[PDB]
**Q** 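Quick one: structure with tegoprazan.
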Amino acid sequence: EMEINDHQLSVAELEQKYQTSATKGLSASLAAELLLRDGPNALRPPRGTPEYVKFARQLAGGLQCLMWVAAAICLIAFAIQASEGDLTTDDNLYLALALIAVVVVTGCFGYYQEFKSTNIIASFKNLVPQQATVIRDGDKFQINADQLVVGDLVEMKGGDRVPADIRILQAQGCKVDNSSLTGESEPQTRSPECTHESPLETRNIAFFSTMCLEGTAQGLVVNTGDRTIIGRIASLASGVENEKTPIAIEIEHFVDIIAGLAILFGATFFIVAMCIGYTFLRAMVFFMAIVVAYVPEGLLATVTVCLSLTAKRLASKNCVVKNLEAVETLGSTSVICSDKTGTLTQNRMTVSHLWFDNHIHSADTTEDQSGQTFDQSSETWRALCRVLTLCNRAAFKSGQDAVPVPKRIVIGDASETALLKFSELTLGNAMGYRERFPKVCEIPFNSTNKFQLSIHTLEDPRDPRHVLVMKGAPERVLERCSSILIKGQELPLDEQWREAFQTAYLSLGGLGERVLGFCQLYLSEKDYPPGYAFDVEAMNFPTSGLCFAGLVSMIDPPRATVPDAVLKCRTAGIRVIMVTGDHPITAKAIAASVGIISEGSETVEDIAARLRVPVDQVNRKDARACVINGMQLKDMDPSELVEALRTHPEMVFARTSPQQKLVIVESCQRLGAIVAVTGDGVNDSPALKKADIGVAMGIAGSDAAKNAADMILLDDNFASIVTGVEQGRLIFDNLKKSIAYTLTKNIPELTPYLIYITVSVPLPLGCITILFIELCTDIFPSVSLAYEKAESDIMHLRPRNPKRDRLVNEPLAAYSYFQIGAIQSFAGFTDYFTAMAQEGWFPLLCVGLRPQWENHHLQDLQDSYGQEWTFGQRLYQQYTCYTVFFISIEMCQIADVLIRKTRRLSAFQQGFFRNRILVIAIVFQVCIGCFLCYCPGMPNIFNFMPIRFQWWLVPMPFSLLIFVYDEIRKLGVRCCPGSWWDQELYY
Amino acid sequence: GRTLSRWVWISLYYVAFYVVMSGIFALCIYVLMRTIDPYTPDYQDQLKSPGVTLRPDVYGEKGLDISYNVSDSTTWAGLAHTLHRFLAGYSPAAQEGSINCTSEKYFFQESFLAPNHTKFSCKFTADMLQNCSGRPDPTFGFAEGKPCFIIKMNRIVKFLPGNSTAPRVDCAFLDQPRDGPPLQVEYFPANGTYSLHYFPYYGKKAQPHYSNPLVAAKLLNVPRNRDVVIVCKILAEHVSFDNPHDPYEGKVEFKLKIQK
Ligand SMILES: Cc1nc2c(O[C@H]3CCOc4cc(F)cc(F)c43)cc(C(=O)N(C)C)cc2[nH]1
Ligand SMILES: *[C@@H]1O[C@H](CO)[C@@H](O)[C@H](O)[C@H]1NC(C)=O
Ligand SMILES: *[C@@H]1O[C@H](CO)[C@@H](O)[C@H](O)[C@H]1NC(C)=O
Ligand SMILES: *[C@@H]1O[C@H](CO)[C@@H](O)[C@H](O)[C@H]1NC(C)=O
Ligand SMILES: [Mg+2]
Ligand SMILES: [Rb+]
Ligand SMILES: [Rb+]
Ligand SMILES: [Rb+]
């Protein structure tokens, strides 16, 4: 509460409180003592990040709790089994172990990936210490900004960054750049007089991160570090807690699904296990076996490598993401709350328009210069260009020829900088050119004259005369002009022209632009001979009756690729909102020009303008666009705001505080939307953190916006945002494919087990092999579905309804489990009984025969042909049943992938080999399947044996059956869009 | 959640889905058990060599363990009774559906010549063990401490053990050479041989009353109150007795303790 009273104190009161002086500053002694007391003048970064706790964070989530719970279930089941003397409890340890293994291997994979994000973003930030012109003991020297302490006396010039929170004591012509705290793109003037009681709106305080544009000031530091306005806004931002990402919610929804099914199946089979004369202990061991079989051991790894491939795609476009979940978020996004100054606009005063030859010419305001320039052929244009080029002191800093002009640094005032870059792009080598017109007299901008002026000798020796060039506020130049350059002549400036100048002045003014008038006069070689002694005080040259050249007007123009990015987000059905801290007029200007406000849409104010009725009379439902400023927004409530939001679709929030940006993101989010915030300066970090995904600019962006952001646009290319929507909509759709594929094989590994319980036939599918399936053979074909391209015009679809459209739904989940898995298990059993009968055992013998099958005390067990088998023998026959059921699985899985390439379209329409990586994964699949069977020693190391090639072909009919079944599901859904066939059979 | 008239259509669909699929499975086993012959196994891939079991079979842990007190008939009555009820199906009265065999060599039955399309199987009755038959010693040499362990090989359709000399049984210990004589074992029938006219097996449908040949290895030399281990290997040309993933093919190993 220190700062709300600092700017209202009298200078004696400040030097009392802070034990300083306004003329000679702190003493060295007390300044050092205060530095120990208060600490360094900078913001304390996020501290609580112990290296091991970063990793521990990666071992929680939907699938990770599922897998952990399931690891644990293995171990209490193992305890029970060893308790009742059950053998080969090795399998329980193997399984629970690998459950934990994939969790931690993926955990450290994601840890590497986030560590590499933080290094990439920290590779783009400047590490040179900012400086500060301080005055201590009455000496003006320079120090690092972080050695400033409360009460210190400091100074600022053009181009200096404000080193603290300063209370203005004296200032001449001092204007500053507050775009990171307020949205304000127009330079804000600073004066020592108290303008307001709110330190935010007073003019006698300089804010800690800001940049002095022009002029000079001197004042006292009244808060340093986290106590400054910067520090408070960012401590608020880290105060807001960010919610859970859409993708994370969806994975946690289907672990609820999988768990529901799991404990249902475990339970019903537990009672069915008791009613077959099973021990309660063993009955519940089967209950646990089941719920754990329902857990897809490998899915977590596949989901991550799916997400990191799209992180790779986006990162190649200079768009970095911190966590992989944030890859998808853009796709599900329904609303975009966007800052104006620095994200949408370049935050750079650019020449937008000129008035000459009786016409408003409009310049190119882009940064790569992809726009369209103006008519540079007219004599009057050349005159104007000479005026604006010669009447400028601004200067480019040394050694910037490589970097684009708009990106060069310049030593100059606010509007002088813009004009320098203008002639440098127009004329080429602007300062070289103006060196050829030597400058005999110069008057700088001041309040006495109210203009800026200079007299020059001309370029060739044939011309001995002088030229005077002047620029200033349009009216104050017009009062001193008597002629005007029009169409290659110098006409008299009559009342028709005076009116025309005025109408163009006001025209450019109403677009929210800073406009300057320019003018010239040629001093005779007679009156003013070479060497003539121009005196400013005694006006020996003419100061009136000049010739008007033209008007030039500047704005803060949009970033080159922004307007079209907004258009492409709106076609995808994303509602775009502007939340800007800048005044309403320029806000709606930009908003209109970048696509937030369509051509031919108007607010109640604009309606009542053409309907000439009081604004209250016009209908609110009829206005499509609406601008709400922060003052009005505070008087509304949730109920008034939501109606205001869903009445006017093209909405614009001017003069909004960081909390209000947060507020609006929150009202949207409670209305069920997935909001995405786009931001540069520290007035966004709150809204950026609360958002589902925060996008900060990598170049214009502030350290708080960048820290609160989940995504960074390193090149500041706002069109990377439209790349995110399609990529995020893609892998969601590819995840529905991939997750469905990997879940379907779960039923045909569980069924042989639970019939091996109920019908007590020798065990068809053994644990160690279903591990090989889940973690080894099918991970490559699953992640291959990362690469399926859209089946629609993915980018003209609306954002998915987060309540209906889900990663898995009861239709998708139940279809994929119980129809397709059913068919795969049936192919299993068919190969099972075949491998039995061909090797000795008849289907009706296999029923009930498990007890003597597994029995180590029989060595003369008789098959249906009466032959006598030892234990190790029928053990190998069980391993053959493993391998035959395993390849019965894989053939249906080569078919499952091709089914899952497409959810609506026929595989002939889009082709079978469109996806190159999917076929290279299917060939990979089959050859390791063969490696496990026919390599020497595999029956002993693993439970896999060289099967005779007869049994490979036995399941191929079944895999062709599924290919046909889902092709007919997809043909009947596509050709018949009716709801019956759609809802019951679609995913 | 779904409509009740939908619910019934859904479940009628899933019911009808399972019925069609189970039907496919039905016709598959139907065809499948027609693709295969009742008198020979198609492949018999795991039965490269045959296993050999022993009686009385009693285990504790880690294979066959047999200990008993000559003086405490409670420890060996159970073994004797194992041997009696086992040989109850080698009595002449139960084994009358066969032929007295003296073929002295392989009994290849090329054509099916017995009642109701059956086959002729040789006869092997208990009295061919002559001391270990249950008579005249109903303890089968356990009371004495000369136990009769009967050895019996596993049967594989159309398998031939060798043509040179009849397959014999050789029982011996493993690491007991230093202190003590070698074992002396008397076999019944003598030399511990299997008659070659018991091969080949044509299968439980061909020969409904088939009965494996037996040799009893009456162990005489075995020391009392001592832990020993006995292996009975089978000696023939097409029998492999030693393979590490199956210790019951071609051989039997058992720990023997006879205490007094
Ligand atoms: C679907 C399925 N589960 C199987 C299984 O599960 C055991 C061991 C691994 O984990 C648990 C956990 C539990 F909670 C309960 C359990 F019973 C088990 C074992 C085998 C197998 O290899 N056998 C030789 C029987 C085969 C299986 N198929
Ligand atoms: C075995 O063959 C001999 C030779 O004729 C015969 O005396 C005897 O009865 C046969 N055995 C039986 C059980 O009939
Ligand atoms: C078998 O029995 C006969 C008659 O009792 C006897 O001569 C012979 O020694 C016995 N063999 C053994 C090993 O006891
Ligand atoms: C054999 O049995 C008798 C009576 O039960 C007993 O005294 C003797 O100690 C037993 N021998 C051994 C080695 O236990
Ligand atoms: Mg901003
Ligand atoms: Rb599983
Ligand atoms: Rb233009
Ligand atoms: Rb966020």
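Every chain is numbered from 1, with letters handed out A, B, ... down the list of sequences. Atoms within each ligand, like the ligands themselves, are counted from 1 in listed order. Quick check of the header: X-ray crystallography, 3.0 Å. Side chains are part of it too, since the values below use all heavy atoms of this structure and drop only hydrogens, waters and symmetry mates.
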**Q** Name each chain or ligand corresponding to tegoprazan, including duplicates.
**A** ligand 1
**Q** Tell me which macromolecule has the most close contacts with tegoprazan, using the naming in the PDB entry.
**A** Potassium-transporting ATPase alpha chain 1
**Q** At a 4.0 Å heavy-atom threshold, what other chains are in contact with tegoprazan?
**A**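 Other chains in heavy-atom contact: A.
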**Q** Where does the entry attach tegoprazan by a covalent bond, in terms of residue name, number and atom?
**A**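 The deposited model shows no covalent tie.
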**Q** Can you pull the source organism for chain A from the entry for me?
**A** Sus scrofa
**Q** Which residues listed in UniProt as K(+) binding sites of chain A come within 4.0 Å of tegoprazan at the heavy-atom level?
**A** A:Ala293, A:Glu749
**Q** Which residues overlap between the UniProt Mg(2+)-binding set of chain A and the residues with a heavy atom under 4.0 Å from tegoprazan?
**A**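 In chain A, UniProt ones with a heavy atom near tegoprazan: none.
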**Q** Restricting to heavy atoms under 4.0 Å from tegoprazan, which transmembrane segments of chain A are involved, by UniProt's count from the N terminus?
**A** 2, 4, 5, 6
**Q** What are the neighbouring residues of tegoprazan within 4.0 Å, counting only heavy atoms?
**A**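 With heavy atoms under 4.0 Å, it is A:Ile73, A:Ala77, A:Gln81, A:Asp91, A:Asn92, A:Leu95, A:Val285, A:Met288, A:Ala289, A:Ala293, A:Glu749, A:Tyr753, A:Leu763, A:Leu765, A:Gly766, A:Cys767.
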